[PDB]
Protein chains: 4
Amino acid sequence: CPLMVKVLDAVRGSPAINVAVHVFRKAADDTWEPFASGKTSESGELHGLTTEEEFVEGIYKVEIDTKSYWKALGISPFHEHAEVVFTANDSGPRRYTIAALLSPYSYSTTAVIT
Amino acid sequence: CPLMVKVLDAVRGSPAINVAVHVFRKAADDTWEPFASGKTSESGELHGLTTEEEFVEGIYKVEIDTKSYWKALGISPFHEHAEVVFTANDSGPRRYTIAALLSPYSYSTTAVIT
Amino acid sequence: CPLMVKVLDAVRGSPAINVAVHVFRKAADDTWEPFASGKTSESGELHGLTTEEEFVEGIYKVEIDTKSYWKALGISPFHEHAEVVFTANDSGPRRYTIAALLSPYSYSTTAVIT
Amino acid sequence: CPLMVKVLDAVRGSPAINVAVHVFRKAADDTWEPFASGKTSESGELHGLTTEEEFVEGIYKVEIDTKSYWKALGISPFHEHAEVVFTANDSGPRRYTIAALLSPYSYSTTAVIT
Ligand SMILES: Cc1ccc(C(=O)c2cc(O)c(O)c([N+](=O)[O-])c2)cc1
Ligand SMILES: Cc1ccc(C(=O)c2cc(O)c(O)c([N+](=O)[O-])c2)cc1
């Protein structure tokens, strides 16, 4: 599995379960094409987004829809979502984990690449 | 000054000087309109982005063009940029500082609201 | 002012006001000597910790007592405090801002050096 | 496995492999007793630190010796180490993952509790 997303909740100290994640790929157009999407599991992880055949060199944007999540825990947040834009597979295919740590007024994101 | 952006470099432990910052506002269209832009100063700060007259309730996206910055320090980074999407002035006008801490494979962003 | 500490609250999106901060310096003993302390102001900042005469090369530990702060906002946190250990003035005297961003189950710390 | 530590490198976008981790527990003395220690594996993870029998309610400090790690990648860092102090098992036994994301001038730490 070449691209996985993991999301953590800094407020409850737990995985963020059932969070919506959308992945876009920048086309030759200079437009964002919808690439893949899904919701995180009980472990805060989302696997099965894509296959190594489909996941080519390019510029990707990962959007994590965090505002719904925060409402659903009784919280009126501030961000519309968390977004991460990165270039992928530039050096040949890699395994990428894009991880996000969420708080109402802040977030951190990191890529772990193997 | 109702909206200011501050950018820090986690690699050199210093302000990120002369970084490009673009602000967009979501229009009734559901399109991003260009709202304001500029480059950070020697202190890593960008003031004068807007006036309190122009800075109304709405959804804003702040894009920090970090890839140029990292190249200019001799570094091939991973993100195309850092992006922060948030709703503003929902509760009446506030002063917003959107701060970003940059590393090649990671970033953190926070809003400080007064 | 050669050493300043700034503390932000990721939960309320605001400065952390009236937070206790203790600074220790490692002695020849290999013991921590109490070096300086104080509480953050309404801006989340603590200035006047030391003078450039007193702030010599050495290993320092900055401890931010965050648990009291979180209780005082109605919150039972997880960390006893945030701690940052660093070597100072190794390359000649600098101005150091040690900044901390707090959440109940997480924190980030950075040094900005001039 | 009730306590595990994971360490990530924000500079290389990878796990931090073979990093030293020491765990201390605050005794009735108000002294830190050495509780457990080990080095992270190729995945940046350290398991087998303790057993659920030994891991009781108390105040723990996790110290990650990051300075050696940064030297070993050709880097003169700033922190002596990363330290996390927290209260454990206060509400009955939990599984705790203490995760740390490292950069030369910054770090973030979070607890994920199950
Ligand atoms: C995500 C993040 C975390 C920490 C910092 C940060 O270190 C910082 C430092 C400052 O001197 C300062 O004035 C502010 N601010 O006003 O927000 C932030 C900046 C961004
Ligand atoms: C402070 C911080 C922020 C983000 C990460 C982080 O990126 C991360 C990545 C993982 O694959 C993973 O399994 C976990 N975890 O279990 O906690 C954390 C780690 C630490």
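In the text below, chain A, chain B and the rest are named by the order of the sequence lines, each starting its count at 1. All ligand and atom numbering here is 1-based and tracks the order in the structure. No hydrogens, no waters, no symmetry mates; every other heavy atom, side chains included, goes into these values.
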**Q.** Chief contact partner of ligand 1 - name in the PDB entry
**A.** transthyretin
Q: Name the drug or drug candidate found at ligand 1.
A: tolcapone
Q) Heavy-atom contacts under 4.0 Å: which other chains make them with tolcapone (ligand 1)? A) B, C
**Q.** Under-4.0 Å heavy-atom contact with tolcapone (ligand 1), by part of C:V112 that carries it
**A.** neither
Q) For tolcapone (ligand 1), which atoms sit closer than 4.0 Å to a heavy atom of C:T110? A) 7 (O)
Q: Give the numbers and elements of all tolcapone (ligand 1) atoms closer than 4.0 Å to a heavy atom of B:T109.
A: 1 (C)
Q | Numbered atoms of tolcapone (ligand 1) (with element) below 4.0 Å of B:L8, judged on heavy atoms | A | 5 (C), 6 (C), 7 (O), 8 (C), 9 (C), 19 (C)
Q: Using a heavy-atom cut-off of 4.0 Å, name the UniProt L-thyroxine-binding residues of chain B that are that close to tolcapone (ligand 1).
A: B:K6, B:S108
Q: Have a look at B:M4, B:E45, B:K6 and point out the one with the heavy atom closest to atom 11 (O) of tolcapone (ligand 1).
A: B:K6
Q. Which tolcapone (ligand 1) atoms, with their elements, are less than 4.0 angstrom from a heavy-atom of B:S108?
A. 1 (C)
Q. Which residue supplies the protein heavy atom nearest to atom 20 (C) of tolcapone (ligand 1), what is that atom called, and how far is it?
A. B:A99 CB, 3.5 Å
Q. Given the protein's heavy atoms, is any one of them under 4.0 Å from atom 4 (C) of tolcapone (ligand 1)?
A. no
(Q) Okay, next thing: residues with a heavy atom within 4.0 Å of tolcapone (ligand 1) - which are they? (A) B:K6, B:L8, B:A99, B:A100, B:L101, B:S108, B:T109, B:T110, B:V112, C:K6, C:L8, C:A99, C:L101, C:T110
